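Note: structure shows zopolrestat engaged with Aldo-keto reductase family 1 member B1.
Residue numbers count from 1 along this sequence. In listed order, ligands and their atoms are each counted from 1. Computation of the quantities below employed the complete heavy-atom set of this structure, encompassing side-chain atoms and omitting hydrogens, waters and symmetry-equivalent molecules.
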Amino acid sequence: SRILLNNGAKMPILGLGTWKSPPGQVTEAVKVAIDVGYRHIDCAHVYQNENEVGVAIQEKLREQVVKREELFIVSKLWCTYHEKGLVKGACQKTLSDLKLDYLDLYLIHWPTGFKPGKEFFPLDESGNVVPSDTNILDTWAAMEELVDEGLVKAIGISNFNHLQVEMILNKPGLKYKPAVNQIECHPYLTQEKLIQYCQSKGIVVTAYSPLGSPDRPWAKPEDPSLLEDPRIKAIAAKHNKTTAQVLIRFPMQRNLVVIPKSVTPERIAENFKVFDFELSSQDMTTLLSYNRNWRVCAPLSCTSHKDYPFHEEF
Ligand SMILES: NC(=O)c1ccc[n+]([C@@H]2O[C@H](COP(=O)([O-])OP(=O)(O)OC[C@H]3O[C@@H](n4cnc5c(N)ncnc54)[C@H](OP(=O)(O)O)[C@@H]3O)[C@@H](O)[C@H]2O)c1
Ligand SMILES: O=C(O)Cc1nn(Cc2nc3cc(C(F)(F)F)ccc3s2)c(=O)c2ccccc12
């Protein structure tokens with residue numbers, strides 16, 4: 001159920017995603033997730049619900065359902081906080097909201113720095129994202145100070161291409177290698193080259209949007225829909241599982257961590273019931289064959305940033 005990180009800690013391979021979970025419902029989702037066995041929760045300041053996630057963890061600690069040491073809590077440094085002088089503050093905001101004294105894992109959320117300010121997505125008069133003049137290495141160094149201060153046990157990156165990861169690995173005077181690279185990954189975006197790269201460097205990959213993010217706010221009706229793909233439904237039916245269950249078990253058999261999101265109690269329980277079956281060799285091969293290089297997260301508004309990650313092949 002856990003994968004060994006390069007800081008000596010073990011990370012639960014199945015976690016709960018919290019992007020688009022309203023504060024209205026996320027407290028309940030987390031409480032239930034913890035009741036049915038989740039120990040990993042994936043969070044972010046930009047998700048605007050960390051207080052409410054905090055509320056649920058604190059209550060379950062107090063109910064004596066779980067202890068802190070058994071929980072693996074992940075958050076992410078948003079783009080507007082890449083300046084080295086802003087990083088600790090941003091982490092401590094997250095810590096305070098979550099009502100925690102440490103994070104198990106803190107990620108650079110995107111490789112791209114945006115103009116610091118109140119707005120999460122600063123756009124100019126004409127809709128282009130306004131970048132900041134930060135660079136990956138300076139931001140990484142700032143992430144390193146958080147480990148050395150005991151605020152976070154591990155640090156990592158998200159949405160970095162293999163050259164951006166290589167930049168960090170080759171940093172003269174590097175203090176900590178990234179532990180995790182969290183990237184979009186599912187049968188329509190199978191990431192074979194970037195996964196092979198990361199795992200060859202002892203960097204654990206976390207798969208996000210594993211169900212295709214049907215609730216992503218820019219969805220178009222003509223877009224491919226993983227959960228409704230009849231080819232996947234057919235794999236599911238043969239195993240007497242749901243398509244979500246197939247889609248969650250798929251990265252697990254690639255030695256990935258996976259973080260499906262739900263606020264629906266029934267689905268939170270369903271999604272965790274994936275350690276009682278296996279996908280066969282043909283199933284895995286079949287699912288990888290559905291790759292189309294289609295991304296949930298890849299906005300036109302960011303494509304001119306110097307650090308945009310998705311120009312490179314991988
Ligand atoms: N690092 C980054 O840049 C980044 C980017 C995107 C996502 N992430 C993380 O990855 C997590 C997962 O990705 P995601 O939120 O984009 O989407 P996802 O997990 O692929 O899909 C979530 C959608 O699927 C529905 N769903 C969940 N379980 C289901 C089931 N058993 N049957 C049918 N529908 C089900 C959910 O509905 P209900 O909730 O209404 O039940 C929701 O609409 C995020 O929440 C976030 O923590 C990180
Ligand atoms: O961030 C999440 O976890 C989910 C997420 N994704 N996206 C699509 C994005 N695509 C990006 C692309 C870059 C890029 F690096 F590529 F330029 C940088 C930043 C972003 S945000 C959003 O617009 C968003 C808005 C609010 C809360 C969460 C999200």
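All instances of zopolrestat together account for ligand 2. For zopolrestat, the closest UniProt active-site residue in chain A and the least heavy-atom distance to 1 Å are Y47, 3 Å. When heavy-atom distances to zopolrestat are checked against a 4.0 Å cut-off, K76 has no atom that comes that close, whether in backbone or side chain. Nearest protein neighbour of atom 3 (O) of zopolrestat, counting heavy atoms only, is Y47 OH, 2.6 Å. For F121, the heavy-atom gap to zopolrestat drops under 4.0 angstrom.
For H305, the closest heavy-atom approach to zopolrestat does not fall below 4.0 Å. Residue contacts with zopolrestat for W218 involve side-chain atoms from C-beta outward but no N, CA, C or O (heavy atoms, distance under 4.0 Å).
UniProt lists residues of chain A as binding NADP(+); of these, a heavy atom within 4.0 Å of zopolrestat is found for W218. Contact analysis leaves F120 out of contact with zopolrestat, as no non-hydrogen atom separation drops below 4.0 angstrom. Residue, atom and distance of the protein heavy atom nearest to atom 6 (N) of zopolrestat are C297 SG, 3.6 Å. Not a single heavy atom of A44 sits under 4.0 Å from any atom of zopolrestat. Residues of chain A that UniProt annotates as binding substrate and that have a non-hydrogen atom under 4.0 Å from zopolrestat: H109.
Atoms of zopolrestat found under 4.0 Å from any heavy atom of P309 (numbered from 1 in listed order, with element): 14 (C), 15 (F), 16 (F). Measured from zopolrestat, other ligands and ions fall under 4.0 Å in these cases: ligand 1 (NADP nicotinamide-adenine-dinucleotide phosphate). Protein heavy atom nearest atom 27 (C) of zopolrestat, with residue, atom name and distance: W19 NE1, 3.4 Å.
In this structure, residues within 4.0 Å of zopolrestat (heavy atoms) are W19, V46, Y47, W78, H109, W110, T112, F114, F121, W218, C297, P299, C302, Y308, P309.
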